[PDB]
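In the model that follows, one finds fentanyl.
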Protein chains: 2
Amino acid sequence: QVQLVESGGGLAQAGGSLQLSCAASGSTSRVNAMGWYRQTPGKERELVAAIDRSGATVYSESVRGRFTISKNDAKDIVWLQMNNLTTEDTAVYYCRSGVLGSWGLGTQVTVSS
Amino acid sequence: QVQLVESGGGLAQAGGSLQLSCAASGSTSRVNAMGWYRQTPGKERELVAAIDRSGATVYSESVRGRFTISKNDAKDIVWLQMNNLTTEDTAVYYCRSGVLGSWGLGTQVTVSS
Ligand SMILES: CCC(=O)N(c1ccccc1)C1CCN(CCc2ccccc2)CC1
Ligand SMILES: CCC(=O)N(c1ccccc1)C1CCN(CCc2ccccc2)CC1
């Protein structure tokens, strides 16, 4: 029962920058990953950037180097800094929560020489 | 109550390839994301690749083009095809399940000119 509210959208000029926010409320203590997605006109919704509780980030090829995902843990807010915008960035941007669960026992990989 | 068992690790020479598998059992119907992590000696466990129930994948920069994550939904098994191994890939590799939640209403971004 986690609630997500995205803000910061609007009209932006090409090459400019925007900052999107996603405010999470409800039972957020279990949420240890957050993701930003976008649905560009005519296309499928796609992951753009994600961040987990350790602070690790990962980005899609289409935004890598341009977008930055960050978080304010004290207020349960995730931010998507979008730079160097083009018309190809026009989309509805969506925030999503994740509860990452248990791990396996693992398997050793050793690479020689 | 989800159990994960990784297999397929071993000794490989540089430039070789490995195929890891992760068998999930238990109450898996809610699990709609799976990730592979690695923990090299002395460092934090780190995301290598993840896949969700719609087939979307994301990879860390260090493995993109070398590793492929895939899934057999019929058997609740995920695979990590590891190609072009280097000595820096030596680690314990872990599988991990995740439940990604609902979406917000989203926020529209329109980029002009
Ligand atoms: C990568 C995400 C992550 O791990 N989080 C997160 C989630 C959404 C948006 C921004 C960040 C945490 C979720 C839990 N909040 C704690 C809230 C709290 C405070 C006091 C008592 C009980 C609960 C810390 C941040
Ligand atoms: C991307 C992850 C994902 O969506 N899952 C998944 C989880 C782990 C590993 C591979 C996939 C689904 C979990 C539920 N199973 C469904 C039903 C079932 C039950 C028992 C045996 C076989 C099938 C479909 C796949």
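Just so we're on the same page: letters track the sequence lines, and every chain starts at 1. Order of appearance sets the numbers: ligands from 1, and atoms from 1 within every ligand. Excluded from the calculations below are hydrogen atoms, water molecules and symmetry mates; all remaining heavy atoms, backbone and side chain alike, are included.
- Ranked by contacts, the chain bound most extensively to fentanyl (ligand 2) is, in the PDB entry, jgfn4.
- Other chains within a heavy-atom distance below 4.0 Å of fentanyl (ligand 2) are, by letter, B.
- In the vicinity of B/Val78, heavy-atom distances shorter than 4.0 Å reach the fentanyl (ligand 2) atoms 9 (C), 10 (C).
- Shortest contact from atom 4 (O) of fentanyl (ligand 2) to any protein heavy atom: B/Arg53 NE, 3.0 Å.
- Looking at atom 22 (C) of fentanyl (ligand 2), its nearest protein heavy atom turns out to be B/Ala74 O, 3.0 Å.
- Residue B/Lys71 has at least one heavy-atom neighbour below 4.0 Å for each of these atoms of fentanyl (ligand 2): 1 (C).
- The protein non-hydrogen atom at the shortest distance from atom 12 (C) of fentanyl (ligand 2) is B/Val31 O, 3.5 Å.
- Protein heavy atom closest to atom 23 (C) of fentanyl (ligand 2), with residue, atom name and distance, is B/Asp73 O, 3.3 Å.
- Residue, atom and distance of the protein heavy atom nearest to atom 24 (C) of fentanyl (ligand 2) are B/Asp76 OD1, 3.3 Å.
- Nearest non-hydrogen protein atom to atom 13 (C) of fentanyl (ligand 2) is B/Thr28 O, 3.2 Å.
- With non-hydrogen distances under 4.0 Å, the site around fentanyl (ligand 2) consists of B/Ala24, B/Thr28, B/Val31, B/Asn32, B/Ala33, B/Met34, B/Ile51, B/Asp52, B/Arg53, B/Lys71, B/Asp73, B/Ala74, B/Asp76, B/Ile77, B/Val78.
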